[PDB]
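See below for the structure under consideration.
Quick note: residue numbers are just sequence positions, from 1. First listed ligand is number 1; within each ligand, the first listed atom is number 1.
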Amino acid sequence: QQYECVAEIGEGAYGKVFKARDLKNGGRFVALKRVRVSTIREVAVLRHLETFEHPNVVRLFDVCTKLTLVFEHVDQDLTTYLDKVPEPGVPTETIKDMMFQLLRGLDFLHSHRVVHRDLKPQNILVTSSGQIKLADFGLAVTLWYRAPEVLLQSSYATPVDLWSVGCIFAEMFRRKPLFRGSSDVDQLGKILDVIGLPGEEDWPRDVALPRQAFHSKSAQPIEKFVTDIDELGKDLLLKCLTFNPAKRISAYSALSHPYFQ
Ligand SMILES: CN(C)C(=O)c1cc2cnc(Nc3ccc(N4CCNCC4)cn3)nc2n1C1CCCC1
């Protein structure tokens with residue numbers, strides 16, 4: 001066979017992913033994923049996205065006839081990069097650059113009508129040369145990066161990923177997740193303890209959870225939780241971690257933010 005499986009990547013409720021030797025292409029490493037039996041549509045969206053070969057999205061090499069997906073392989077995810085970084089942590093300009101690359105791939109995906117929906121450091125790939133690549137999106141548990149509207153079961157638009165990006169931004173400074181909740185209700189609580197209770201006008205209509213189920217008074221200063229963050233990074237982090245997804249910054253606006261002057 002064209003590929004020899006060597007290891008399992010992780011273990012996800014999306015199916016098994018293998019690290020494999022690409023016997024025909026110089027024995028390079030590839031990430032192999034099998035699909036079972038709108039799905040045809042998703043694969044076409046993925047192949048179409050690959051035509052652009054955006055630098056900040058994982059390369060798709062092949063699609064084999066039930067259906068097997070061949071991607072490039074990258075050694076580390078953001079998790080293992082933040083776990084191995086020497087003290088006191090990640091250089092200020094390394095965080096800036098990585099965040100710019102994250103928003104570049106995100107704006108590319110959003111402008112092509114793709115919502116990641118499950119952005120976390122575990123699916124952000126960090127290349128040998130320091131390139132950030134978005135992976136594991138566009139195909140049909142940790143709530144630590146889950147947006148408030150997903151938690152509330154109301155909307156699932158592109159702002160969902162900007163909340164996730166804000167959580168990752170903070171975690172790049174802290175090297176620990178900003179909101180380590182254990183359930184959707186807990187997660188939403190841990191969030192409102194930091195950002196404060198939103199205006200009744202910012203609370204989604206016809207959701208199970210009312211605003212009155214929480215009493216997380218005022219917004220605590222974010223510098224308490226994210227120590228070492230500059231004033232400009234604080235503006236971008238607040239704009240990402242905005243309650244109302246309509247009021248949330250977009251990936252396109254974030255790319256222009258003074259933080260990246
Ligand atoms: C397969 N699909 C659809 C993809 O988009 C895809 C293309 C990929 C290319 N290289 C990796 N590398 C990689 C990523 C995470 C981890 N870790 C796992 C957690 N513990 C630490 C080590 C280890 N190696 N993963 C890829 N993925 C996915 C991203 C999430 C897993 C599979």
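Present at ligand 1 is the drug ribociclib.
Of all chains here, the one making more contacts with ribociclib than any other appears in the PDB entry as Cyclin-dependent kinase 6. Within 4.0 Å of ribociclib on heavy-atom distance sit the residues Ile9, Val17, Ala31, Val58, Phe71, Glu72, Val74, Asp77, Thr80, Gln122, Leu125, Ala135, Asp136. Residues of chain A near ribociclib cluster mainly in UniProt domain Protein kinase.
Contact atoms of ribociclib toward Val58: 5 (O), 7 (C) (distance under 4.0 Å to a heavy atom of the residue). In the deposit, the organism given as the source of chain A is Homo sapiens.
At a 3.5 angstrom cut-off on N or O pairs, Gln122 does not count as close to ribociclib.
The distance criterion of under 3.5 Å between nitrogen or oxygen atoms is met by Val74 with respect to ribociclib.
Closest UniProt active-site residue of chain A to ribociclib, with heavy-atom distance to 1 Å: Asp118, 8 Å.
The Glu72 neighbourhood of ribociclib comprises atoms 9 (C), with distances under 4.0 Å to a heavy atom of that residue.
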